[PDB]
Each structure stands twice: as C-alpha cells, then as structure tokens.
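Here's Isoform L-type of Pyruvate kinase PKLR with mitapivat bound to it.
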Amino acid sequence: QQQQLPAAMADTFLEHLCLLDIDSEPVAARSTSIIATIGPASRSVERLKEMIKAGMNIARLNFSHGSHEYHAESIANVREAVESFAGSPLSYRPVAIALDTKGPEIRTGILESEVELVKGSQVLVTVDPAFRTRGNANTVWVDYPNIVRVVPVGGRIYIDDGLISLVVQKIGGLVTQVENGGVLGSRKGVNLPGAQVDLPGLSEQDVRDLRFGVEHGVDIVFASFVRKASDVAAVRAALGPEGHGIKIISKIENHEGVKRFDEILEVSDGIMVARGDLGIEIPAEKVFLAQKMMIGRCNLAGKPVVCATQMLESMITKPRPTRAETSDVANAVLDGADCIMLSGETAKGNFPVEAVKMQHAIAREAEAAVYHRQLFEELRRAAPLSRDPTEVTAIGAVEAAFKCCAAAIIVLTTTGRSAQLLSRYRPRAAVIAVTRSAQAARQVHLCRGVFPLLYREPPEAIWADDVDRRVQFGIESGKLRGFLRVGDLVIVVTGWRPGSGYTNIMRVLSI
Amino acid sequence: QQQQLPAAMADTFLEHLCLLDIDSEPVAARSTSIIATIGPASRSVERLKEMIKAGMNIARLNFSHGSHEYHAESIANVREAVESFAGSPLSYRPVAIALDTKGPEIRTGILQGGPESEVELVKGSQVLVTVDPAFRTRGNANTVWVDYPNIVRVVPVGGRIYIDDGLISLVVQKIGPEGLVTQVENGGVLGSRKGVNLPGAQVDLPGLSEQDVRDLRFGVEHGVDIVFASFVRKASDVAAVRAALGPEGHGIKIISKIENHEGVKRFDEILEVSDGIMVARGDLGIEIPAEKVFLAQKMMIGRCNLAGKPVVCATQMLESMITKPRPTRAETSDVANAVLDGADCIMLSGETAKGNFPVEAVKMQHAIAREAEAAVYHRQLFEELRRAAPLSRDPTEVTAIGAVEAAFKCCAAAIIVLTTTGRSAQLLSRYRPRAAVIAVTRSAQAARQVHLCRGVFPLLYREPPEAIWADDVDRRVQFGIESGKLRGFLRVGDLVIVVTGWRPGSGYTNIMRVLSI
Amino acid sequence: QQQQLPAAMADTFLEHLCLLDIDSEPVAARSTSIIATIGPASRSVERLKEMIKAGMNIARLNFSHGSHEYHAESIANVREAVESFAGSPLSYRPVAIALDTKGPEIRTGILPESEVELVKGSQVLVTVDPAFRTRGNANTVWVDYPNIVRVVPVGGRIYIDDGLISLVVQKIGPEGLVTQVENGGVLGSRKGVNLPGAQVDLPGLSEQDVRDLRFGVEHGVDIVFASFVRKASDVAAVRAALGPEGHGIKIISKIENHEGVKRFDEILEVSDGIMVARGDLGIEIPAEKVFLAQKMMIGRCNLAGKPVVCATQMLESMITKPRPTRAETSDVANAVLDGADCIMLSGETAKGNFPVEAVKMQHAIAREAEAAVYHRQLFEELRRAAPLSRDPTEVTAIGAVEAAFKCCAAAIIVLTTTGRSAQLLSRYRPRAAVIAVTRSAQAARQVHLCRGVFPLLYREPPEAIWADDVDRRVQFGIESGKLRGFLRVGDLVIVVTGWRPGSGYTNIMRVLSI
Ligand SMILES: O=C(c1ccc(NS(=O)(=O)c2cccc3cccnc23)cc1)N1CCN(CC2CC2)CC1
Ligand SMILES: O=P(O)(O)OC[C@H]1O[C@](O)(COP(=O)(O)O)[C@@H](O)[C@@H]1O
Ligand SMILES: O=P(O)(O)OC[C@H]1O[C@](O)(COP(=O)(O)O)[C@@H](O)[C@@H]1O
Ligand SMILES: O=P(O)(O)OC[C@H]1O[C@](O)(COP(=O)(O)O)[C@@H](O)[C@@H]1O
Ligand SMILES: [Mg+2]
Ligand SMILES: [Mg+2]
Ligand SMILES: [Mg+2]
C-alpha cells in the first residue's frame, strides 16, 4: 500500500513511526506550498516558467533591497511567466505574489572601510545626529534615538547579523563593553535581544512600498518585525481601503513577538516564523521551540503559518542538500507548516529550480507520513463548537473523505474561506478549490492542501448548471493533472445560494 | 447546562463520571426503544393506547404460550390502538410487532399421578433420567423422563441438569443403559411437562421446531415486522428460520436470541447472518452461571455495537414492578446500565404481559433511558466506533459518518434522513449521534422496523409524490421538521443535518446539508 | 486465558468489552468488600461463622431500631464467630463492625401493632395539629414535623414507610394538607416520611444519635455509617460526639438526599468515605436519577482515594428467593465496575431467608466483575488525576502498582500500622491483591473499606532485630497467601516496606519470586 497507509491505521504515534516505509510511495498531490524568493537567479521569464513547473506557488519580493522599478519588473516577469500557461485552463496553476516589507530597522552609521571592535574594550553607542558619519572603533552611531531608552544596563546590542555583541555597562549615550568582537563596516543591522523596540509598526519606506504593492495588485504582505497587534493594525491601515483584500502574514522575528504571539495571530491572517532574525535575537538552540510553538498555535487557529529561512541553505552552491536540510524541510511539514520557503536558494543561488524540486519532493514524502489519526483527533478536540454551516460542512466533508479514502474534496469558493475551513482540519485528500476570483486562487496557496483552479467561463443562465459546470471543471482538471481517476470517490462541497458565506452542502460522488 | 453536556465535554472517562449531574435535565427525545410483551395485563385496545402514549415502541408476542387465534386478536388490538392515532400524521407513532418463537425445548414427562399431580424430588436422593418411552407417563420421585433421547450423550459425569426454570438441579452420578443416575443438588416440587436445561452441553435440537415453522408462517401471514428466534445456537438455526419465513417473509428482520453457552461461544457466526441480537438473560442465567450473565451481555452488546446491528437487553429489568408500583434500585440501575452498555432496545416481559403496573413499567423504562442516554460519554464512544469501523466506499455510510461528525460539531438537534428500507437511518444510528435521527419514510413496515436502531424516530409520510421529485424530497424534509417541532424536539433557531440522495429508489443516499430551523 | 487477561490488553474500551469471556475464570481473590446487615436472620454465632466463611468483611448494625442490649448481643456474637478462627493465624479473617446511626427522621403518629389501610384514590388528611397526634386512621395522618404543611405544595409528593405509600397534595388549608393516595398500602405506627424536593431543616445529630455513638465508642466499633449527612457540619458533629477516645473510628458519610448530593465535595473533604445510600436517595430524588448520583459519587471517591460504599436492594429478591434476578446480578457487577470499594446487603442478610446465599452470590459476582475491570484506561486516568507527591509512601505505592502491572504480580505485600500504605496502593486499583500485614487489630479490620486490601493480623512478638521482624512479617504474608490460595510457587510479588519503625516511613519496593 502507498501513501504510508500501513502506518496510517496505527494505534500509537510510536507504532506509526515504526511503520513508516521508504517503499510506500506518495500518491496524493503535494500540499505544502513553496514560497520562492525572487532575485538575479530567478528573474528571467524562462527561468520563472521553469520554477512554476517545478512547483513554485508563491513568488516573494524582498523589499529589503531593490528599487520600486526593480520590483515592478520582477512582478511583470512573474506575471508573464504565469500567464504563459493561461492558454490551457485545465492545467493553469495560479501563482501568488507576496511583498516582504523592509520593516523597521536599526542601522549603524557610515564610518568599503571597516574598523575592528576588540573584545574587552569600551564602545559607546550614540544617537547624536552629529555622529551620522563619524564611526570609530569605540563609537557606533545608530539611527534609533530611543535606543538609549529601551536597552537597560546589562542589556545587549547585536550588530552585523549577530556577529558583534555589546553589553551595556553604563547608561545615559549607552556605554558598552565588547562581549563578541569583530570587523564592522558601514550601515549594518542592529538587533536588541529581549528589548521592547519602540519603532512604529511600519517605517516610511514601508508605507511607500505598501502603496506600491497595492498599486501593483500584490496578493500577500509578509509584514516584518511584528511585535504586537498594533503593528498589524498599522500595516492594515497603511494598506488602506484599497488593499483590504490582501492577506497579512505577520513575521515574528524577535523575543517580544514570540511572547505576544497570541495577540498578533488574533489580528493577522497568518504567521511567518522568520528563523534568521529570530536566531539573532534569541539563542539559536531555542529557535525550534519557537517554531513548533507557533506552528502548533497556528494549526489550532486554522490560520496559515510559514516556516522560512535557510531550509536548503547549502544548495546556494551545491546541487544537492545536506541531510540536515532534508530533515528540516520534512520536519517543518510534520510540525504542521502550511508553506515552506526558499530565500537565497532561489534569489541568488546556482540551483534555484533544483532547490524548488527538492522542497517539492521532501514535502510530498512528509505529508504522506503525517499521523492523521491523532492529528485529526486533536484538531477536533481543540477547535471550538460552531454553528456556522461552512465549518460544520467542512468537518463533515473531511470526516467523509477519511472514511472513504477519497481522492479529493472539490469545493466551490468565492473568497477561499470554504477551502481554508476544509484545510484547517488537515485532510489527507486534496482540497480542489474552483473559483472565479483570480486573487483568491492565488491567496489560497497559503493554506495546506488547497489546490486552486481558476474558472473563466461566463456564468450560465441557470445557477445550478453553473455550479455543476464548475464541479466538472474540478473533476477534469484533476483528471488531466493525474490526481483524479475514473472510479475514484470525491467529496464535493457547495452552497444553497449564490454569494460567499453560504456553503452548507456535502456530496459523495464517483468519477 | 442540560443534557449532561458538562460531563459530555470531559477529557477522561473518570472525569465524565465525576461531572454527571442529577439536576441536568435531558432534552433529547428518548432514543432506546422499549419492547413490551403482550398479555392479559396489556391486551385491550385502551390499555394498548396507554402503553403507546407511555412510550412502547415494539409489541412482543410470546409464542411460548397462546393459540394462533389468541395472537391474531392480540395483533388486531395492537393495530387498532396504533391506527387510532393516524388522524394526526405529524404525531403518529409507528409500533412494530415482533414474534418471539417458542423454540426447541426439552420437557419432562407427565407424572404417574396424572396431569394435575405433583411429586417431590428430595435433595440428596437418587433420580434416574431416562429416555425409554415406557416411562413417558411413569413419572415419580426417583425417575424423570424427557422427550430428548440424546440427553444420554451430552451430559457426562459431573454435569448438571436443570428442571422447571432452574428450580431443580441434578449432578450426573453415573451413565448407563437405563439412563443417567443422578443425585439431586437442588430439590423441589415437580409437575408435569416441565422445561429442561443442560448447562454447557452441545444440544442437537434442530434449531427450529415444527410448531415454530408453523408459527413463523402465521407471522408472515399476519405481516409481523420482526422475529425473535429462540434458542439460536447456530448460523444454521437462523438459516432455517430464514428459510421457513420463505420468499414472502424476506423483509422480516431476524433477531437471534442467545440463551446458552453455545450461542455465546458461537456469537460471531450467529451475528454474521442475523439482523440483530437479543441477550435473553432469563434462560441464559439458567444455562450459564448467573454471576457471569453480565459478562455475556456486555460482550454481545459490544460486538453488536461494533457491527452496526441492533441488540436487545431482555428479562427481569423491572421485575419487582409486576406487583409493585415502583422498582428496586437494582432494577433502575439495570435499565440505565443496559442503555450505557450500548443496547438499542430494552424489554419488559411479565412487567407488561401479566403484571399489575404495565403502563408504569413502560413509563419508568422511558424515564430511566432518557437520563442514561444523556449520560453517554459520546467523545470516547464516537472515537472508538470510528476507529473500529472499517473503511467504506458505500456513499450511504460515508454520508452517515460525515453527518454524525457535523451533528457533533454544531450540537444539531436532529439528523433528518429520508429512507425507504431504513438502511440510511441505521447507518446513522451505528455511529451513536447525540442528535435524534428523524427518519421520514413512505414504508409503513420500515417505519415499524427502524425502532430496532437506537436514536431513530420514524415518521410515516402519507401524501402521494409531488409532480417534481425534488419538490417531494423538500416536502418530506419539511414534514420531518414540522413533526419534530410539534413533538417538542425541534425549535426555531436549531440546526439540523439533512441526509438525502441524488435519485429516487433505495441505495443512493449521498447528500448531507446543514440547515437552521 | 483467565482473569479476563485477553480483554486486559485491549486498545479501546469497546474492544475490551468485546473481548470479555465467560470461560475466562477469575483467579484472584475477591477484592470488593462485602457489608452484611445484622438482624434476626444473621445474629447466631453459627450463622455468623457461615457468613464469615461466605465472604462477609464488615458487620453493619442498623441503629434505626433495636435497644442497646440487642446490638451489644449482636457485637458479642459477631466477635465470638470471628475469634473462633483465631486458632489458625495464617487463615484468620479480620471482620470490621460498623455502627449505622438512626439519623434525623420525620415519622407519622401512633395509631401496638395496630394497622390501617390507605386505599389508592382516596382522600387522606395530613395534619400537624397536636390534638390529632394519636388519631391516625385511613383518612388522617399526623406527622411530628410541623413545617410539613408549609413545604409541600399542591402537586408535591409525600412518601410514607420507606416509600411504600405515596400521597399527592390536592388542597392546602388551615386543617392541613388534603392529599390523594397515589400509591396505597398498609400503614403501621410511627413510620418514616420523606419529602422529595422540600427544604427540610432538621438537627444534624439527634440525642439518640449521641447516645448511640457513645455506645459505639464504648464497644470499640471500627466504622460509623453516618446517616443523612448533608453538609460538613454534620460530620463534624459526628466526630465530636465520638469524642477524643473515638478519634480512630472511621466516618463514612451516607448521602441520602438532594442536599447531600449537591454538597458532596465539602462532605467528602471531611469524611473518611461515602455510602451511596440508594434506599432513601431514590425516594428523595427521582428514581431514574439515582444511577447518575451513584456513578458521580463513586467516581469522585475514586478520584479522592477514599472508600465508597454502594448500598441497598442490590440482591433484594433474595429476601425470599434462593436466586436473584438478572437485574440484581447486573447491579452488583456494575457497582463493582463503577468503582465501589464495598457492596452491601440489608434485608438480604438482616431478615431474609437466604443470608449466607446472598453473601455467596455477591462474592461470586464481585470476583467476576473485578476480573473484567479495564485496568489500562483506569490506571492511566487515576495516574493523570492523582496529584504529584513528595510523600515517599505515595511515590512507592504508585511505583509498586506499576511494577505489579508490568509482571502480572500475584500480590503486593505491604506492612502497615494504620492501613495508610495499603490504602495508597488501593487508590491506584491494581489487578494484584494488596496483602497488608499489620499488628493493629483495629487497622486490620478498618482496611476492609479499601478495595483489594486483604488484611492479615500478625500476632507474634517482635524479633530482637527489627529487620528480622520485617522479614518475618513479609514471610507471614507470603505463607498466608499460599495457604489461602492467593500465591503459588513461581509467582512474583511486590513487597513494600519502610526504612525505620513507626507509621509514615514506607519507602521501599522489592521484587520477589515465590
Ligand atoms: O460507567 C460505566 C459506563 C458504561 C457504559 C457506558 N457507555 S458509553 O456509551 O458512554 C461508551 C463510552 C465509551 C466506550 C463505549 C464502548 C461501548 C459502549 N459504550 C461505550 C459509559 C460508562 N462503566 C463501564 C465499566 N467501567 C469499569 C472499568 C474501568 C474500570 C466503568 C463503569
Ligand atoms: O468559501 P466562500 O467564499 O464562502 O464561497 C462559498 C460560496 O460558493 C458557492 O458555492 C458558489 O457561489 P457563486 O455562485 O457566487 O460562486 C456559494 O453557494 C457559497 O456560498
Ligand atoms: O435508506 P434507503 O432505503 O437506502 O433510502 C434512501 C433513499 O431515499 C431517498 O432519499 C428518497 O428516495 P424516494 O424518493 O425513492 O423515496 C433516495 O434519494 C435515497 O436513495
Ligand atoms: O501504612 P503505615 O501506617 O504508614 O505503616 C507503614 C509502616 O510499617 C512498617 O513497614 C513497619 O513498621 P513497624 O515495625 O513499626 O510495624 C514501617 O517501616 C512503615 O513506616
Ligand atoms: Mg528582520
Ligand atoms: Mg427460552
Ligand atoms: Mg436511610
């Protein structure tokens, strides 16, 4: 038997693990979405076509660098590559565009010149506007005046990707001692571990970039350095009434964010575990604790969570990943991540397509290895009772799919919500979501197991005929894509009237 | 909060028990069907109307006694009482009729003194069990004749022989050509033609008696809904019952009564070929040690729960109420624990057939069952039935498990299902939803027969089909809604799950819908 | 094959039930203690010897009726029967004596054995006029509780004589409550009255109760079943009446009415244990609800690690018949499965025609039911519900129960002075018998309240070296278990002892082969 089915009906998690079989081949479609970061290695139209075919679902624009015109041509190239497949609607794969904000930052001043900060020496952190350019071996200027007031005596300041460490010995600027020394250049990043950083939820650059995103029709914003619900409120307000339909994924990057996670998740559409900056702000050996916690809570809430950063790092230069990297991707999927991410592996590396292919393969294997027995039971016990017919129908459809080992659940959705409520219970069966909304077809990639199909045909005269035509579009797209076959059982989820919010019908159909 | 919902949301079985509340009042309709035995105390049309109103769901005809004409008048009176309520279709309660077979028997002989004569079997004395036809009418204090010759090859030295409902006990001292020389372990007064039980013995009786063949044909001829097959030891016994019912009685449900050691040990084989099971604790407690009966009961109900087939707990549940208006604490406990064990139906025998408080007995079983149904620990029960039920490609069963899951998700007041044969309602009942399973059907026999499944409330729809089939489906769903509203089980604002099919005819159930009332 | 072990290794409760086997024979000794009510049918020394051999562990004296001299005679006869077996120390069975208090009551008036019939469907006047005190008849009942006329509305029910007679109030007036007989019957003089759903205010201890508790202390009873406990103050009154000399007496609070059920937690907190007194309870609350109350209280008692008693009408038909009904066997078995530490017989042993047979039947059923316990889920839930502890006795106890489960130990042998180490073992419900060796005669009797504790009274003076005396007591437990059939050569046993003499220092678990 395939799909790790021999291990699926185990009575314990230990027995489940013991029964996993490297000869049990994955048969279902890949459910964990792949976010690929755009850069020189992944900007050309032909390369992006290759990456779409490889399995890329979300194109990420890192607004930490690059002009507005650079990102506009990035969007143009991505959209050209995506729409080259629009001529075959039954095979067209929607691809989302995500804007990753530069975010609030603390930077040192200008001293290609560099100076050495020696361990055991005294170094003054100053915010005097006069020191913008006068950096020294014992003097560091920062563009964050209120730094003087948020890092106590005994507090630490991290400079240049955590390579340099300073400990405040005396306050009043902040007189520090070099704990970990090194060579410092100009305008390097500063992190304040354990501190309440008092920067606004959005920088001015962030405001301009978000207006750019709205004007260019991006689907998702990965909001950097989110520490509280008010940061998400600021992002949402800057997006304005024009960007209300855009999904906001809050990036948790520092201690405050992790500790205030509940209030952040409550006001966000989803979460990104930004392990890079997190491993600068908190001890590296603790990052996994953060990851599994956040993923766990996101799974409970039914909201997407993205595991990010250095998943396949070695593939920046070599054609095959390390054993730790394959393990990390598989374990992110097993933790419960809806999406996995590649950064330098696709933006600048020498094997972007190969890295996408690797994440696809690992994710498929790991999704097949999920212990649906206990996972479903715990999601059932923790999700609160609900009188909303969409959620009632969703849990009934997932239960039915598990009962008959359905090849898929085909759901009609306008906004994506019905597919997301199906996915929150983590069915083994693919959730094929037929929609006329192009933006929803792109945004549902954030939810594990949702396979978007964009319907283009004009509405039929009789709504019931239109519903059935969309259902058959789901069937024929699944058949052509090889995931659906004659004789299979499927679960079909629809609603009793037109418009979003009225899903209330579950059907069992044979092909 | 009501319906024992605080105990329903418990994380462990112990906490569930700790959270039960005598002030939490039950809200769902009573789901465990009540079988009442018809007799002198419960034969008049008016009495039967009272018993229907009190909650009787199945009228049981005990063919151990009574002529064909007696049982025909019993059937006519039950049907008159049932149909007196037909004038209000939204409140009409179907009532099933079950034929309980006499079954194969072993009987003693007629005593020498004559029909109205008695002889004393003295504890500690020698008694010859003989099958010589010359002693047929030669019964005395030291010799008992039986109409079952092979007794001499099924009771070895050390075996027990029970006479008159277990009142007399014998242990075989030696075996020989004259018969079994035994000594009286339990003595007593013996009459003529008394019943014999052979505990632990492999009995060779046919599985269906000749009078049984005839009585089953009376059943088919009078349209009985269910047969309680007595003394089933074999798949072959129930197969013989099935053959005797013939092609004309193919729609009649066969409930096999397990009454001795063989049946309990052979249980799976009987269950495989039967529509359901009766735990016949009366004869069982003579055939096996009384202190073991509960084991058999919990085993059998369990397996029936596993198989999705009805199981009936039977006999002496409210025994003291044959003479008293209130039951003993053990009796109420027994009814409640029969519900908790997982029984679909409970039974009354002497309590309704001959007792002085038949209607009150029905009312007490109703009250207790309602409390106990509220006390079910649905979390673990549903999870275990899910884990034990095999995967299925039958759309009716897939729809059933999805509908029950949904009903649990929204605390649905009911699951409304359209069914022709009852099968869709039974597949819902097998997963034991807290929500009532309201089954709308045009089949009067199916409306009667679905009472065997816990939680199925049958409604007989009578209006001819609408011109458009979908309009007819919607009209039957609305009929279910209005019946539930009038009967107090549904109110405005409730959620219900609606289970339908994609085309007319039995076997095409595949649709579940979430609707607000 | 046996002790229902095939069902013991089940993965679900449903599968556990499916795996039960009537051919799987119980092998362990009977762990649920049996309380027998003493009466005319069970007062002679010879009869009591029969009942001890049948399995009686606790003798209950019902002080609702009978003089002090009568109960003294009961005590003397029970003790004579018990000590007649002391000549074989390896087989001697301790037996506890429990005093069941009369409790506060509401009673009808005096009509000696004159009787009147209250006919169903007739009119009956319930009066509290002191002029009608002695004028009871077929249409008039006087009651010694004046406020009855103010707490029973129209439609309210009044039960008379252990619930045998039922009246429903039709009209209320200055003369009293005009009622209709709902359930009729024969009424004697001064019969008990119950007011279901009424808020009745009665003293927590009567004067007769104080004297009866003094009698109990003076005669060395081990347990008091305190009747009609509704709040912690009632058990405090019982404890105070027992006085400084009766500090060692165990208080089992009888829950018999609505208030007791609602205030259960506070009562259990101050009590040694609980009796689900289903007789009065089933009159005080609706009959169809008693099982809820029962399963709740037993559950909480199991949660608390305190003994709980299931009582009344368990084998009622055996008052007149030599065999019980199927419901009665079911009731005993399900009381054991619910988690009761003790089961009880009342009229079945006090006045019925088959007292020894009732004891034997409860013994057989209890053995069968104990084998059918689903220890996997039961142990896991008790472990997760029991608090973490730094007390070495409780730590050792849970370790020893885990060990016994791991090797299917035939017994856990424990040395105990007060019974506490045995009780902490019992709280985790081992399949293995907890064999408790003690020098305390009173503790040997009292530990019968704890399921699975088999008390052995050690009589030999201490050995010179304390470790030798410990080893000798352990070997005494072993040899008693061998002679009584609970232990065989090749069995494994868990042995629980302490590092120094005196109660409270249990801290050692050892694995031994027989
Ligand atoms: O009180 C009960 C009891 C009995 C039946 C009952 N029924 S139930 O519907 O709630 C139910 C739930 C969980 C699994 C089940 C499996 C098959 C049937 N019914 C089940 C719920 C509770 N006990 C069962 C036997 N113990 C004994 C053993 C643990 C020590 C405890 C008592
Ligand atoms: O998941 P959403 O956004 O609530 O969309 C579900 C909706 O889709 C439908 O199935 C189809 O609606 P449309 O015809 O408007 O596309 C509705 O019946 C249902 O309410
Ligand atoms: O429970 P059963 O006997 O399979 O009946 C279920 C059937 O009832 C229906 O809902 C109604 O069918 P009818 O119109 O033929 O009565 C069918 O769609 C479905 O197949
Ligand atoms: O259960 P209890 O009352 O604490 O008794 C346990 C005690 O029994 C013993 O095993 C034996 O003590 P003694 O020698 O004083 O009887 C002690 O080591 C232990 O503290
Ligand atoms: Mg950052
Ligand atoms: Mg029979
Ligand atoms: Mg009492």
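Sequence lines map to chains A, B, C, ... one by one, in the order shown. Quick note: numbers on chain A are straight from the PDB entry, i.e. 24-134, 139-199, 202-540, in order. Throughout, chain B uses the PDB entry numbering, with the displayed residues spanning 24-540 in order. Heads up, chain C uses the PDB entry numbers, so what you see runs 24-134, 138-540. Only a slice of the deposited entry appears, and the contacts counted are all within that slice. Order of appearance sets the numbers: ligands from 1, and atoms from 1 within every ligand.
Counting repeats, the structure shows mitapivat at ligand 1. Contact chains for mitapivat (heavy atom under 4.0 Å, other chains only): B, C.
Site of mitapivat with heavy atoms closer than 4.0 Å: B/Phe36, B/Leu40, B/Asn328, B/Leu363, B/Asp364, B/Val399, B/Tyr400, B/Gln403, B/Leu404, B/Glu407, C/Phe36, C/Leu37, C/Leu40, C/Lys321, C/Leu363, C/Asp364, C/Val399, C/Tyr400, C/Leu404. Looking only at protein heavy atoms, the nearest one to atom 25 (C) of mitapivat is C/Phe36 CZ, 3.4 Å.
The closest protein non-hydrogen atom to atom 28 (C) of mitapivat is C/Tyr400 N, 3.7 Å. In terms of protein heavy atoms, atom 27 (C) of mitapivat is closest to C/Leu363 O, 3.1 Å. The nearest protein atom to atom 13 (C) of mitapivat, hydrogens excluded, is given as B/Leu404 N, 3.8 Å; this is a heavy-atom distance. The organism that the PDB names for chain B is Homo sapiens. Protein heavy atom at the shortest distance from atom 1 (O) of mitapivat is C/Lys321 NZ, 3.2 Å. Near C/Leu37, meaning under 4.0 Å from one of its heavy atoms, mitapivat places the atoms 16 (C), 17 (C).
Nearest non-hydrogen protein atom to atom 18 (C) of mitapivat is B/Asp364 O, 3.4 Å. In terms of protein heavy atoms, atom 30 (C) of mitapivat is closest to C/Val399 CG1, 3.7 Å.
Short contacts between mitapivat and B/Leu40, defined as distances under 4.0 Å to a heavy atom of the residue, involve ligand atoms 1 (O).
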Enumerate the pairs of nitrogen or oxygen atoms, one from mitapivat and one from the protein, separated by less than 3.5 angstrom; state names and distance to 0.1 Å.
{"residue": "mitapivat", "atom": "1 (O)", "partner": "C/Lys321", "partner atom": "NZ", "Å": "3.2"}
{"residue": "mitapivat", "atom": "7 (N)", "partner": "B/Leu363", "partner atom": "O", "Å": "2.4"}
{"residue": "mitapivat", "atom": "10 (O)", "partner": "B/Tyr400", "partner atom": "N", "Å": "2.8"}

